[PDB]
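Membrane-associated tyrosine- and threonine-specific cdc2-inhibitory kinase in complex with saracatinib.
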Amino acid sequence: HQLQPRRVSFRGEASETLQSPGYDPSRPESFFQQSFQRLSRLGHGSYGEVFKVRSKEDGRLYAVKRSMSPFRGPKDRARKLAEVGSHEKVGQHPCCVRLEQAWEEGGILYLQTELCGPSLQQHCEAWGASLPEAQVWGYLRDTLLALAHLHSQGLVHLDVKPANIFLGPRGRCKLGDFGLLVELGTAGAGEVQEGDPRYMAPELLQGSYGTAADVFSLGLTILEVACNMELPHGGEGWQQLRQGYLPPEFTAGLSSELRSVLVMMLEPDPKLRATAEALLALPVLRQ
Ligand SMILES: CN1CCN(CCOc2cc(OC3CCOCC3)c3c(Nc4c(Cl)ccc5c4OCO5)ncnc3c2)CC1
């Protein structure tokens with residue numbers, strides 16, 4: 001016998017039965033199989049898979065990430081479901097990827113969010129060369145709007161990277177993938193973890209983290225996409241970047257204005273590093 005799929009939420013609303021057009025609770029196929037139409041595979045890793053699908057419910061498009069294998073235990077389950085809790089903590093914001101719903105069936109977690117344009121990373125590798133700076137500024141601003149929304153709620157993304165920023169057509173963009181998001185001070189179902197080492201803030205090397213870590217992460221995110229360079233995973237080059245230095249190559253082809261802003265974001269000392277609000281308050285970054 002099989003447990004039925006059940007909604008995963010932390011809002012405290014009723015415990016409720018997942019139902020959908022095309023979904024027969026009798027039939028053995030999963031809720032995701034019956035209630036959706038897999039259109040393409042957006043990605044795959046050890047996290048599982050992301051699918052571009054069309055809901056049989058409202059007929060519209062979404063992205064659904066399903067975990068790869070059943071939960072290994074209670075603790076393993078709690079930490080996976082926490083991603084939903086995080087995403088729900090973000091709430092409604094135009095610069096943040098919106099969560100539609102989530103559910104679990106057979107130890108597998110399904111996360112259904114809005115379908116976005118390609119990630120900044122995908123858009124960058126497709127563009128071939130450096131992005132126009134007018135584009136880059138728009139990317140920098142929308143992510144800062146997203147960060148300020150997170151940071152004003154005591155939330156830290158902790159894994160801001162080009163692959164987490166999605167081109168909102170056009171040419172806006174949204175911050176998503178809240179798997180590592182922590183609410184400062186109430187942590188946590190699971191312990192906090194650093195993000196991608198390529199974009200990691202220097203203070204995390206000694207176990208320190210605040211909202212400032214995101215600002216640094218966004219800095220190297222923008223540096224990567226605007227120079228079309230590739231960031232080191234280690235060594236002196238990596239360590240130079242965390243010491244206020246710039247790659248001796250230097251960001252050539254970048255203006256003074258954009259360079260001076262990145263310096264504010266790439267500041268080694270967290271307490272000196274600019275905040276998102278202060279950055280957005282500059283004038284070179286208004287609407
Ligand atoms: C060849 N083209 C096909 C269409 N495509 C537009 C849509 O591109 C995406 C890709 C996503 O994820 C990929 C980005 C890097 O991470 C892995 C694959 C999207 C995405 N991912 C997602 C992530 Cl990262 C985290 C949690 C999720 C997610 O969906 C549901 O819950 N989410 C929303 N839209 C995506 C669109 C261009 C290229």
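Note that the numbering runs from 1 along the sequence shown for the chain. Both ligands and their constituent atoms are indexed starting at 1 by order of listing. Keep in mind that the numbers below use all heavy atoms, side chains included, and drop hydrogens, waters and symmetry copies.
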Which entities in the file belong to saracatinib, all copies counted? ligand 1
Which ATP binders in chain A, per UniProt, sit with a heavy atom less than 4.0 Å away from saracatinib (ligand 1)? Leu42, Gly43, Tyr47, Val50, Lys65
Any chance you can tell me which UniProt Mg(2+) binders of chain A have a heavy atom closer than 4.0 Å to saracatinib (ligand 1)? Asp177
Which UniProt domain of chain A gets most of the contacts from saracatinib (ligand 1)? Protein kinase
Can you figure out the closest UniProt active-site residue of chain A to saracatinib (ligand 1)? Give the heavy-atom distance to 1 Å, please. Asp159, 9 Å
Which residues, given by chain and number, make up the 4.0 Å heavy-atom shell around saracatinib (ligand 1)? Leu42, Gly43, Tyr47, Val50, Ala63, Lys65, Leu111, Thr113, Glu114, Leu115, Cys116, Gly117, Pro118, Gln122, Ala163, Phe166, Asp177
